[PDB]
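Have a look at the structure below, then the notes.
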Amino acid sequence: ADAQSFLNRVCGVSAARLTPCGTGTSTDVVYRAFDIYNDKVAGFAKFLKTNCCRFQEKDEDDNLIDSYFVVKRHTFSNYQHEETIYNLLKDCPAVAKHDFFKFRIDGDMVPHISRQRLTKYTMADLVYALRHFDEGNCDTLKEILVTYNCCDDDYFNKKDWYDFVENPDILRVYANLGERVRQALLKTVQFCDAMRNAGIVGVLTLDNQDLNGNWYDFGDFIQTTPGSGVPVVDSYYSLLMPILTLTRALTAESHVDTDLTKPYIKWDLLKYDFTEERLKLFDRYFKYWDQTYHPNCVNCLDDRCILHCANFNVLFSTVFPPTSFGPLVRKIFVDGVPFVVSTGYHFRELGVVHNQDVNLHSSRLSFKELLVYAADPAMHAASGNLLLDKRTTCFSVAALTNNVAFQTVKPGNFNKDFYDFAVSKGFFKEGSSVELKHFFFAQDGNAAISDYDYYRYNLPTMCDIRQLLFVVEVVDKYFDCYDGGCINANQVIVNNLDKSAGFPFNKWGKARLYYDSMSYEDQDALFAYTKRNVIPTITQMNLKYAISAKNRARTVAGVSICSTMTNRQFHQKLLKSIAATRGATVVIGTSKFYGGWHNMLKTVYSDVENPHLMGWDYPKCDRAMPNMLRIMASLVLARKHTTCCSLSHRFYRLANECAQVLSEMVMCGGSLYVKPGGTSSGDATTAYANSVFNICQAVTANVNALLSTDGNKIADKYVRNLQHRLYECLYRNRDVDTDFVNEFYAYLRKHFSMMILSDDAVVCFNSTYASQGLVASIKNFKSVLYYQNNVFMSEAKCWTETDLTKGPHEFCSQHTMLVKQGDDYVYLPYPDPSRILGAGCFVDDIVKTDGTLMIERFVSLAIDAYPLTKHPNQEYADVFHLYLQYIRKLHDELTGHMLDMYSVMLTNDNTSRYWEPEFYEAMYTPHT
Amino acid sequence: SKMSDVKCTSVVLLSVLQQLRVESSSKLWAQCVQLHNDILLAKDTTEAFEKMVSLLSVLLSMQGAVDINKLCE
Amino acid sequence: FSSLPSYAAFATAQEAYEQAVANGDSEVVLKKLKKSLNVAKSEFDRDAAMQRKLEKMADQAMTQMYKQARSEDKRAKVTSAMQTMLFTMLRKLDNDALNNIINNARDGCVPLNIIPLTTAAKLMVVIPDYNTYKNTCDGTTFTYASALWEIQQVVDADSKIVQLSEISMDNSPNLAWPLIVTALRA
Amino acid sequence: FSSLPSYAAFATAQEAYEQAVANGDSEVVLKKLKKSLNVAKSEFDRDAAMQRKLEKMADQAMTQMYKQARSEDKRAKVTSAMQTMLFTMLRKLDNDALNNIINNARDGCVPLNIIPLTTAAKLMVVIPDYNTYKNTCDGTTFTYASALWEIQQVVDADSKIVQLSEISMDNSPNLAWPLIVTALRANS
RNA sequence: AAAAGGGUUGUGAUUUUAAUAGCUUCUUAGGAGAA
RNA sequence: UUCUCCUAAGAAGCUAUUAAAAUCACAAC
Ligand SMILES: Nc1ccn([C@@H]2O[C@H](COP(=O)(O)OP(=O)(O)OP(=O)(O)O)[C@@H](O)[C@@H]2O)c(=O)n1
Ligand SMILES: Nc1ccn([C@@H]2O[C@H](COP(=O)(O)OP(=O)(O)OP(=O)(O)O)[C@@H](O)[C@@H]2O)c(=O)n1
Ligand SMILES: [Mg+2]
Ligand SMILES: [Mg+2]
Ligand SMILES: [Mg+2]
Ligand SMILES: [Zn+2]
Ligand SMILES: [Zn+2]
């Protein structure tokens, strides 16, 4: 039999019992992921291969195991070429065994190349399954997880088994892969060491390597003088990078012999600088990565190199003990007495940074030095007690008091008069469309520590370096139209000086006290001081007493006065210019009254073809945010400063922002904890940085959507060329191509138009391109969030709309409707009626319950009520009239009360206009 | 409008309990808070009424804190 | 702003000027009348503005004192208002279980613990007098919060354990009322 | 005010005009006297208006000076409070062990986080449930942070003292969790 | 009761001030008319 | 030389609007 003879030859001299998978001599059909760059296509995409025959090996018990034999049928010149290269490479242990033989297929002679003991799947399959997460790819991910003993098959019957938030145990499941990944890394370096010595020039791609780490596919390679060969590895490492942190390979480095069975390394407790160990790790794993790596970002040349080196540092820092990542302290003398003060920071991201203006001996302390020494946590933590808190997994530094504090939240007050009036009018009946949903929920003493423990979701994350470096330029294209720079202290504007100054300054007064005490010279001296030295600060957590639809507690972070002053002085000129602009993508500072909403909606609709609307939500947004994207947002904001600040000043400003906002010391209940990362509530820049992060996420989704598409099926030649140039710009080019950045920005603005405000976004997109795969959609956002943020975006929360006459389903908690006004049609926003009725019924202070004073309070609530009149639902319309009639009743009661008490009537009657409708109608007419 | 009345009465009852220094006992305060939030979230009336019965039993147990006979008259 | 001291002169000057123009009198007389009208009107407007200022100040004073007095009145009496409102709403609810527990508490039959929601959980109650026992209790069963319970243990003020049979009208003086009862939910 | 000399000159003109009107002098004399009187009135009004302007300017300057004095007083008070807090914290800390560890360091710098671990004399542990207590703090002495600690009396969530004999599996529902245990560092 | 109460934008009402604008007052010069 | 009329400048008083500060309240991420 011909098939049996072919199988017998395929078996060769090995003792491998082979199983004839496929059918006889026929080529097998498989669907697999490939990284590819040809003269006509360039992609990282799933393909149907149909190129080789495959057989399986069975154990001594004749059951099947994960070990395959693959034989390829191809041209004779390729046969000789691969034979020569393999004969060169034979000595390396990282190369799979190859055989070459000729066989009678057509009656004539055909050559075959065979390789042995391959796994079912390659590294590219694992990377694609994790990076492009969806249920179809889940079917492959399950097989990969089951085959290598990560988990048993029943595990996938759990609800939400994939969810990082609802099923944190999944993080334990992935870690088992990590060691198998690490062996893949070392093998790769070994392979390069052979390829250079043999004298070979070739590119490495993920698809060539199996899950045991062995390599094949020599056909692409060409020869060169021995000792001068080069590997090209950019795409391989860049694609692999997120998986490295997701699976946590370098955890194996933690142990003494690097054996997972040996005990942990016990470092010197006082050690704080690990530069040699970082260099050793980089040289071991990333030997042939051809770009200069700086362990300490202070040396870096520019913001892109800062991003590159911080991306490496975040991976490397996980190995080192948690106690070393903190501010460094030193002893100094003042007037003969010893102080302990801070002198530097050790960042997981930015390495070891030292201050430049330290004094070992001093005679006196000025006001600025007193502020600096009181602000930083060195004294409080050194004097305080030792704390071991079992309520949180987060690291805890010290306890400042002998007693811990438990803080409750009280319920809201009931405005019975308005409720009785509404019930008399006829609201709140069973079966009504309007009902109470927003309340003042109470909290027990455990609220603050639980909401802090919510920070546990933040995990280390290593981003795709090249993709991120392209996306940051695309975002800078979005932001480039504003102006910014530094200003002197006299120019800055403060909204409210009766707000808290943070810890410990709140002990002595509000911010007004510190703004009064310091002359402009002191503030400018402090701001100039921050440009040369790092100032750590303490942040306080507060519980917010406010109406909500959900019963979970909400905390907000107050930042110390020094950080607030210097951050205001640094960022305010750019932030005010962002607020001033109209018609931009970032829509902060635009009002909804006087026709603003219609203008915004008309702006977002501009010039798209075949349009649809869609919007999404980031779960756990502020807690989950990776540190790298916050650094990127800070650098994007710093880019405007290039005219006025040298590189060193900007690096020290970034270090200050990292020490104060990103990973500072958080004071909760009288105890100090370390914040693992993420956004803080009081940055003085929080909303704009959130907008930058939002735009970056959308652009990354678009890039993934365009690159994943099979380039053979795209009909438009222009889009094929754009995809080819996109792959070239990302993985196979070094310096920034400004022309292609402008071209991609124009493509995005034409086909995919956004409207952004913090973590809320609306986008109008070309449905035909979205269906073909040339622009992003909800699926790509889900995958991008899953691998980058480490959160699963519940699709039920997202929304999409097909009819533009109905507008967005939700923006800033407003619903949109189309109405006639004159002979024109306009868009109007209206709120959820439950919110308005609850704001009427429940108040946060007792005095508010009395209506007569609160007449002015009700008028504002009537304004938001006005659009509800346009609604076709009668129950919604009744609310506004209810508010007007309550205003009328309140005025009557006030007149009666004053007539009774003082016996003299009032002499001003402006309030008469308030209960009549026309005034409220003025609020939304575009006339002025 | 029974259910809305029940929820408003839960708000008023928890405010009355809070003014009565119930917070000093953390265990009892936690139970009261759980009852209050559960009544606010509830969707069908009989569950709200039973939870209200427990929450009112909390107030009634405090002998001499409120003159029930004087208040109800 | 009316009937002010300068109003009469202004009104009479305007009337005289209007009569003069109606007659067609001498131009110089008309101009003299018009200038007298203008000076009278200037004085009238000046004192009117002063009266406006006085009115505004009085209005502001009255409004501020009303606000302060009523804020103090609302703030001082919060506790009694809260309790009265609570019991008013409780009566308005008109539920059998709430009324049962409230009326029992009014008679002194208060519970010692939170009334449990679930089967076979433990409740403890105080019984002031044999009459309330006769009303609430029947043999081995107890009726409370519109629910049926099963008696577990009866105790006395001196912690003596009392058997259910002992509680009778004739024997009642012997016991040191009030009694404590423990029950489970059926 | 009537004491102004320009008002006095205006008053002399006013008396002249009133006498002329009472006597019934001719219109031409009345016109010339009227223009003289109106010159006097213009002088009086101009001086009064400039007096108003000067007085309000003086009031504004005085208010600015008063505000500055209050600001200086506040600055002095804040400086005193800051100095007192800093020196109290200086006196509180244990100099001997901190000096020993800082002298041991390679560069004189040490991480902040290790200072409470090494030097602190008193420890606090917050425990949410009985299993955690049994694991972490069973007994009157326990080892943490590579050191041996002996126990001082415990307080509950109500900050009332709990005896160590009470903390047991059967009794656990009665207590008001979490529990706060405090401890001192053993000499060895 | 103590304690503590963040960043950013928009909106309404009240009081104060400044600058334009309109009007009244009456002082000064020039032109015209009449004697 | 004297009277009447107009134009122009200065100084006061009233009023309409626009724009800046302070206080209270409302809404959104
Ligand atoms: N573990 C495993 C199992 C099966 N396979 C299969 O082997 C074949 C690999 O083909 P090749 O000759 O190595 O590469 P190529 O197609 O010439 O290269 P390309 O142009 O980069 O796509 C495919 O059919 C599957 O991917 C495998 O490589 N690794
Ligand atoms: N005072 C407040 C209030 C809000 N916010 C902001 O509102 C957002 C609240 O996050 P969210 O997406 O509404 O909720 P979440 O925590 O992501 O919850 P999830 O969607 O269930 O995962 C954050 O960007 C800030 O907390 C601010 O700044 N100050
Ligand atoms: Mg290949
Ligand atoms: Mg969100
Ligand atoms: Mg949304
Ligand atoms: Zn660098
Ligand atoms: Zn600058």
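Naming: A, B, ... by sequence-line order, numbering from 1 per chain. Start at 1 and go down the list; that is how both ligands and their atoms are numbered.
For ligand 1, the recorded drug is cytarabine triphosphate. This structure shows the largest set of contacts to cytarabine triphosphate (ligand 1) coming from the chain UniProt labels RNA-directed RNA polymerase nsp12.
With a cut-off of 4.0 Å on heavy atoms, the other chains touching cytarabine triphosphate (ligand 1) are A. Applying a heavy-atom cut-off of 4.0 Å to cytarabine triphosphate (ligand 1) picks out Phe34(A), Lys49(A), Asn51(A), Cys52(A), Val70(A), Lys72(A), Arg115(A), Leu118(A), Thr119(A), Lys120(A), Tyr121(A), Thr122(A), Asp207(A), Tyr216(A), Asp217(A). The search for other ligands and ions under 4.0 Å from cytarabine triphosphate (ligand 1) returns ligand 3 (magnesium ion). With a cut-off of 4.0 Å on heavy-atom distance, the UniProt-listed Mn(2+)-binding residues of chain A close to cytarabine triphosphate (ligand 1) are: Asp217(A). Most residues of chain A that touch cytarabine triphosphate (ligand 1) lie in the UniProt domain NiRAN.
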